[PDB]
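Structure of interest - contains darunavir.
Chains are designated A, B, ... according to the position of each sequence line. Note that chain A is numbered according to the PDB entry, with residues 1-99 shown in order. Residue numbering for chain B follows the PDB entry, covering 1-99 in order. Just so you know, ligand 1 is whichever comes first in the structure, and atom 1 is the first atom listed for that ligand. Reckoned from all heavy atoms, side chains included, excluding hydrogens, waters and symmetry mates.
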There are 2 protein chains.
Amino acid sequence: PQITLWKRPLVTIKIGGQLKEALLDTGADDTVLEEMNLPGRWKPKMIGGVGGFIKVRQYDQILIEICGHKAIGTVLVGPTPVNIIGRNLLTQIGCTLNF
Amino acid sequence: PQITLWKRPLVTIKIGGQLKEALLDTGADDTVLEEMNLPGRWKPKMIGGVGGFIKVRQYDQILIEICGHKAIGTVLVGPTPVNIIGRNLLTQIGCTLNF
Ligand SMILES: CC(C)CN(C[C@@H](O)[C@H](Cc1ccccc1)NC(=O)O[C@H]1CO[C@H]2OCC[C@H]21)S(=O)(=O)c1ccc(N)cc1
């Protein structure tokens, strides 16, 4: 599909057997999701943006379905104000910017 | 053009007669640029990102050219980690997400 940018590009995602709303974010290197209890091992990480840094938990090879498009890769989990789908998964669903 | 997301979507912008590099950021409501001298009045504002809130100078009705496409809109100037082009300007240049 084509998504205009009049409003936040929020879409439904499926991760760990749960449906969530997440931002399709070309400005995010990696996907970061609001705090959630994912099983498995993880590695601590810090990501920086407007306002400074937050501490997140990096999970690898996590399966996410974005608008029926399946993807698998790194998913960060931490105190983000919004669920964010980053370029690491946007490339996997064939997402492009167009103007 | 069509821009894939294997790398950061960085583009050259022109603002205040000066060239700069900026990130096309569909996850940003607003456009935030690093510290710079701009003409015209400005009002102090607050903006929040993943790590908290920062103080910025708000410039309205500023001409800014993004990859040869002209826009006139609000530009926030402050201690952002990187120049980000947000939806307020992405819409003006006719930018959409496609997959
Ligand atoms: C600032 C960017 C270079 C990086 N950010 C992605 C960006 O799209 C955030 C993503 C974002 C969106 C909402 C809330 C927090 C973070 N948007 C943002 O900061 O925009 C601000 C200016 O316009 C306003 O609208 C949103 C917040 C303001 S980030 O959230 O900090 C980030 C950094 C690293 C990763 N792996 C994932 C995300």
Review point. What name does the PDB entry give to the macromolecule most in contact with darunavir (ligand 1)?
Key: Protease
Exercise for review: Return the chain letters whose heavy atoms come under 4.0 Å from darunavir (ligand 1), other chains only.
Suggested key: A, B
**Study point:** Binding site of darunavir (ligand 1), heavy atoms under 4.0 Å
**Key:** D25(A), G27(A), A28(A), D30(A), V32(A), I47(A), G48(A), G49(A), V50(A), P81(A), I84(A), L23(B), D25(B), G27(B), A28(B), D29(B), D30(B), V32(B), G48(B), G49(B), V50(B), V82(B)
Review point. What protein heavy atom sits nearest atom 26 (C) of darunavir (ligand 1), and how far off is it?
Key: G27(B) O, 3.6 Å
Practice item. Indicate yes or no: does an N/O atom of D29(B) lie under 3.5 Å from an N/O atom of darunavir (ligand 1)? Key: yes
Review point. Taking both backbone and side-chain atoms of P81(A), is any N or O found less than 3.5 Å from an N or O belonging to darunavir (ligand 1)?
Key: no
Review point. Relative to the heavy atoms of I84(A), which atoms of darunavir (ligand 1) are at a distance of less than 4.0 Å?
Key: 10 (C), 11 (C), 30 (O)
**Study point:** Backbone or side-chain N or O of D30(A) under 3.5 Å from darunavir (ligand 1) N or O
**Key:** yes
Check your understanding: Which atoms from darunavir (ligand 1) have a heavy atom of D25(B) less than 4.0 Å away?
Key -> 2 (C), 7 (C), 8 (O)
Check your understanding: Against heavy atoms of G48(A), which atoms of darunavir (ligand 1) measure under 4.0 Å?
Key -> 31 (O), 33 (C)
Practice item. Any atoms of darunavir (ligand 1) less than 4.0 Å from a non-hydrogen atom of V82(B)? List them with their elements. Key: 3 (C)
